[PDB]
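Encoded as structure tokens, the structure appears first; notes follow it.
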Amino acid sequence: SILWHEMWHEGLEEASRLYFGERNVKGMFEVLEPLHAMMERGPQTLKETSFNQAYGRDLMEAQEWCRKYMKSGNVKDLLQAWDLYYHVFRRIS
Amino acid sequence: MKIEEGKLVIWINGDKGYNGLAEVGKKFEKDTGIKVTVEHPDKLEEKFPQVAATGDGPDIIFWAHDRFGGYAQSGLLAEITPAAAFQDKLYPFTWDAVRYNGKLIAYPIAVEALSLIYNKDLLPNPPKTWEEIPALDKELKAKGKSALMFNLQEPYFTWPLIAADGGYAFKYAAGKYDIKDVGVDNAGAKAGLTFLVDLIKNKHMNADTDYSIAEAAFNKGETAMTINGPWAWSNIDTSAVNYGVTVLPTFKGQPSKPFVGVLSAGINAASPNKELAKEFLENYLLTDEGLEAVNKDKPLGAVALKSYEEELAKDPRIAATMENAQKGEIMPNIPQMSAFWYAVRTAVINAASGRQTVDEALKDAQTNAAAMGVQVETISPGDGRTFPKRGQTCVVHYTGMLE
Amino acid sequence: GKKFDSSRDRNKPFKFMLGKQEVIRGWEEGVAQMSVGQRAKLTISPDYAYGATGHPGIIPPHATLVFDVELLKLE
Ligand SMILES: CO[C@H]1C[C@@H]2CC[C@@H](C)[C@@](O)(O2)C(=O)C(=O)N2CCCC[C@H]2C(=O)O[C@H]([C@H](C)C[C@@H]2CC[C@@H](O)[C@H](OC)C2)CC(=O)[C@H](C)/C=C(\C)[C@@H](O)[C@@H](OC)C(=O)[C@H](C)C[C@H](C)/C=C/C=C/C=C/1C
Ligand SMILES: OC[C@H]1O[C@H](O[C@H]2[C@H](O)[C@@H](O)[C@@H](O)O[C@@H]2CO)[C@H](O)[C@@H](O)[C@@H]1O
């Protein structure tokens, strides 16, 4: 009964607050990592499947930017991730 | 400890006499063994509140009294407690300039006012009006010279003209400043700034002229006139140019009203040497011999110390400065002076560069004069009746830049 | 000065909710006094921006920010 869009809405609401408000990049990845691994497992309900169709690629791309940031260390890649994260957040709100 | 104990660190603007102040510091060190260091960094009026916020500031700061109100409000200044006998040694009005919320926050050093400085050889009788300057420039262009060159970057120098016809920063009510009563877009200010822009249009002045450009021109005898404070005199003395200090030209039959600044020394609220700072300022700087040392380097203007002022007032240059000072008004020391000065700076620069019209520039400056945080510069107008409200979404395009 | 971010470089407009503490104080009050269609230049003091901490990698400490913003439409 607990939905994917509910969890992503709260997750981003928390991760953005941790990075932009607490300057905690490490703590941000702690809340984001499990949500991506959740998509990694795949959708099992109608709602989950519809969600994945809409935002799946965007969220997948966003994580690739986060990974790029870990290696490069350039906050530009991290911003590019948040551009994709913000796009899906506005749609689910 | 961020601030060193047993050492006095003093910040003063580089246009002032910092070497003379250092000679006073040497006398203090000679008598006490306390090292005094005089630094003159750029944009120190902006740097102080940055560093002093954490308590990493200098021991003493030197600026005109207008900044000090904002400093006092931020609690960056210690309340100075001079002895009643010492207070009587400085002119009472100078103490009023350094009082905020009924508490003294700084020591007044000297009273500054802009004056018309002219080459006596190029121009025996300087113009009594602004309006006759364009004709004089035109006449002087024939001899490969120019009439007037002054700093057009800082709004301290262009304020007399704006205030001449009745342009005011903040309206002075019942012994208190009303911050909601701005007069930067009034008819008087519009007229004054227009005449300034007119001069630049008709190629009487260049909009890209700064302090140093205008100083080089006059001191080399390329221009006939300049507008500058007492500090500049010592450069002109060595320039071998015969010069006089006189009252600023009138505009529309009204005297030019410059903002009057009192050079003031405040003690950092974070300084562990507050009692040492007090001793330096009271017993060393604010003395006949102390002020003279600073004066000999760069003239302070009309000093706050009564004894030494009675000597300086005999100098006609000082009398000329104090003539302009009377016609002008002593600056408010309210925190909004920061906002005001940057608002009038933008408007003057934009108008001179032709980026905006006089009416457009002063319209922006009107709402910016009390805007402490953010200041708006209109690039192109809107519908002027559709302002966003709390709860609504705003779709915008933007670009982020560092100054 | 140095451009650090632009929505025009993305081609996609930026949206935010006003008076909900979503953006810096410079925007919150600078945009609140802007009309629709207006393009304005917001000069934001550090105290209304990112302060002494700044934003590492993008924004240095005590950085005064300059924003060239056009308010397109309200939603
Ligand atoms: C690549 O572009 C980035 C933003 C970058 C960051 C770095 C700076 C140089 C900059 O380039 O923007 C920049 O130009 C800038 O300084 N901006 C952006 C344009 C508006 C003014 C300013 C600003 O306030 O940024 C903001 C600044 C950096 C941080 C906030 C300042 C105000 C303060 O109250 C907040 O504490 C809470 C933190 C970023 C934003 O405007 C975004 C939209 C909003 C937030 C993150 C928070 O409000 C958050 O609260 C948890 C939310 O409610 C959101 C909707 C939750 C969702 C999931 C997250 C979205 C994240 C989007 C990120 C985006 C598009
Ligand atoms: O230009 C605005 C500026 O004006 C005053 O600063 C004067 C100062 O009083 C003089 O002693 C001398 O240093 O020239 C300055 C102008 O460059 C205000 O005191 C200051 O707050 C303001 O920024």
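Per chain, numbering begins at 1; letters A, B, ... match sequence-line order. This deposition comes from X-ray crystallography, 3.1 Å. As the structure lists them, so they are numbered: ligands from 1, and atoms in each ligand from 1.
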- Drug name at ligand 1? rapamycin
- Message: Would you let me know which chain has the most contact with rapamycin (ligand 1), using the name from the PDB entry?
- Response: Peptidyl-prolyl cis-trans isomerase FKBP1A
- Message: Just wondering, which other chains does a 4.0 Å heavy-atom cut-off pick up around rapamycin (ligand 1)?
- Response: A, B, C
- Task: Map the residues of chain C that contact rapamycin (ligand 1) to UniProt domains and give the domain with the most.
- Result: PPIase FKBP-type
- Name of chain A in the entry: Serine/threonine-protein kinase mTOR
